[PDB]
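So that the names make sense, note that chain A is the first sequence line, chain B the second, and so on, each numbered from 1. Basis for what follows: all heavy atoms, side chains included, without hydrogens, waters or symmetry-related copies. Header entry for method reads X-ray crystallography, 2.0 Å. As the structure lists them, so they are numbered: ligands from 1, and atoms in each ligand from 1.
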Amino acid sequence: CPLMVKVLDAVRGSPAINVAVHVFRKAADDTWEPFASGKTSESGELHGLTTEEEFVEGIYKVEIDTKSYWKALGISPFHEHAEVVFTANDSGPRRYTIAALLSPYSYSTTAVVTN
Amino acid sequence: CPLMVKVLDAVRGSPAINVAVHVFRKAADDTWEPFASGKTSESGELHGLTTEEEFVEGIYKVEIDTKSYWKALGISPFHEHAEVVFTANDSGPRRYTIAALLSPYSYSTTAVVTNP
Amino acid sequence: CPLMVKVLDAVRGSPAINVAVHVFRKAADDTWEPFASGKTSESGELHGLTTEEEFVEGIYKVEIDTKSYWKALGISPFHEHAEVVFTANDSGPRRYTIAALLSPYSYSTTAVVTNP
Amino acid sequence: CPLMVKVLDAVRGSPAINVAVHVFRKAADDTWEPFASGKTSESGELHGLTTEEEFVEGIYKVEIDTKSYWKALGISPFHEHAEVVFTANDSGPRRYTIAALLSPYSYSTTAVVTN
Ligand SMILES: COc1ccc2c(c1)c(CC(=O)O)c(C)n2C(=O)c1ccc(Cl)cc1
Ligand SMILES: COc1ccc2c(c1)c(CC(=O)O)c(C)n2C(=O)c1ccc(Cl)cc1
């Protein structure tokens with residue numbers, strides 16, 4: 001599992017569950033090609049997005065649908081979605097965890113890159 | 001000034017100076033049209049991007065070029081840039097401050113929205 | 001103004017207004033002595049806590065009373081308060097801005113330190 | 001394991017390893033009583049701090065020695081340590097994860113409280 005996503009909710013202090021996540025890979029014409037998607041689980045996590053064969057070096061974008069998550073909770077959010085854009089590179093450690101901590105008007109995102 | 005950008009460096013405890021910022025607006029055909037651009041100053045702030053009249057309702061994308069910034073400090077950062085995407089002015093004109101706190105493998109972004 | 005405090009609310013996208021702040025300074029006997037206190041204004045800022053002369057070298061603790069703040073908004077927050085603990089002025093006088101971004105179960109704190 | 005600590009490093013994008021963590025419980029005279037301590041592991045985590053029998057309701061303080069972590073990396077940090085102060089309460093979910101994301105001049109901390 002070379003690419004994992006973890007989403008937490010900073011208002012409730014819980015995993016953010018059932019959050020839609022879309023991954024895109026940057027194509028040679030600079031457009032964004034759908035690559036992988038899913039919904040976070042009960043633990044706020046999304047696994048099994050891709051395999052080490054398909055996850056080649058390149059620029060990827062992870063798009064976390066935060067606006068629908070907040071609307072389902074009845075809370076009026078600022079952002080359309082959170083967007084994490086990064087280059088996957090074979091030299092460094094192999095596992096990428098993209099984490100996001102969500103508030104209605106703020107979010108943070110971190111990359112944990114390990115072996 | 002209805003749209004301003006404020007960038008901090010979380011490694012140096014200082015404003016993030018000369019950070020490039022590109023703003024886009026989603027057009028009717030659903031593409032991102034170039035809306036305004038600039039660089040943060042000595043105070044890590046970017047003002048005068050647009051005017052109330054020009055800053056109409058729509059979905060905006062503020063792209064803060066963090067990777068260029070880090071590289072010139074000799075750091076090799078994780079992200080290409082920070083993207084901040086939001087509906088603006090969809091209940092009448094507001095003032096928006098987009099703030100970003102940068103680390104090489106992390107950033108946070110918040111909005112302060114006030115009513116004229 | 002050598003020590004100022006800036007507080008944002010990450011749920012409302014607004015300054016955090018009327019947040020109580022207590023600053024302490026570690027004394028020679030190793031206890032926390034009361035140093036200064038105040039409340040954030042309409043802009044979420046707190047100024048005039050101390051003077052350059054009074055703000056000598058030492059270890060300071062800025063306690064931001066976040067739990068009181070959240071409760072008055074009807075929220076039941078996780079933390080009692082944010083604590084920010086740092087050596088100040090140990091290479092000559094500096095200006096410090098302590099910033100905090102509050103959510104009910106999370107906060108972030110950053111320092112902007114500048115040289116007179 | 002009612003109380004777990006997770007520490008990440010925002011400059012390297014890795015777990016923060018070998019970080020000392022001291023937990024205190026607030027005594028009736030308002031002083032801080034040492035309660036539990038340890039060092040984060042290779043995965044940036046600290047487990048086995050306490051048991052559900054000893055972790056009674058009360059105010060606790062978790063003190064993460066960030067200054068020594070940054071000094072070991074040769075990086076000049078702002079804070080003496082990060083301090084997470086909170087009330088443990090029996091009504092809510094049972095597992096407390098205190099997470100901290102560290103930069104030299106900034107940190108964030110989040111509580112994930114679950115079942
Ligand atoms: C009211 O509008 C803002 C918003 C955020 C601000 C400031 C002003 C100032 C002060 C100034 O205007 O110079 C600082 C220092 N801000 C931050 O620290 C900051 C940076 C990034 C994040 Cl994610 C959260 C907060
Ligand atoms: C429940 O377990 C957690 C909790 C938080 C986590 C992670 C795992 C991972 C995954 C990992 O460690 O690989 C990351 C990246 N987390 C963060 O990003 C994070 C974000 C904000 C703060 Cl304030 C503190 C930590």
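- According to the PDB, the drug at ligand 1 is indometacin.
- In the deposited model, most contacts to indometacin (ligand 1) involve the chain that the PDB entry calls Transthyretin.
- Lab note - other chains with heavy atoms under 4.0 Å from indometacin (ligand 1): B, C.
- Organism for chain B, as given in the entry: Homo sapiens.
- Between B/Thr109 and indometacin (ligand 1), not a single N/O pair is under 3.5 Å apart.
- The closest approach between any non-hydrogen atom of B/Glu45 and indometacin (ligand 1) is below 4.0 Å.
- Of the residues UniProt lists as binding L-thyroxine in chain B, a heavy atom under 4.0 Å from indometacin (ligand 1) is found for B/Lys6, B/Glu45, B/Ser108.
- Contacts of B/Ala100 with indometacin (ligand 1), taken as heavy-atom pairs under 4.0 Å, involve the backbone alone.
- Here the protein heavy atom with the shortest distance to atom 24 (C) of indometacin (ligand 1) is B/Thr110 OG1, 3.9 Å.
- Of all the atoms in indometacin (ligand 1), the ones that sit under 4.0 Å from a non-hydrogen atom of B/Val112 are 1 (C), 2 (O), 4 (C).
- Close to indometacin (ligand 1): C/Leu8, with a non-hydrogen atom less than 4.0 angstrom away.
- Between B/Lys6 and indometacin (ligand 1), at least one pair of N/O atoms sits closer than 3.5 Å.
- Every atom of indometacin (ligand 1) with a heavy atom of C/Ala99 under 4.0 Å away is listed here by number and element: 18 (O).
- Within 4.0 Å of indometacin (ligand 1), judged by non-hydrogen atoms, the site holds B/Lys6, B/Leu8, B/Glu45, B/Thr97, B/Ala99, B/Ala100, B/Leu101, B/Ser108, B/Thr109, B/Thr110, B/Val112, C/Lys6, C/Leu8, C/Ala99.
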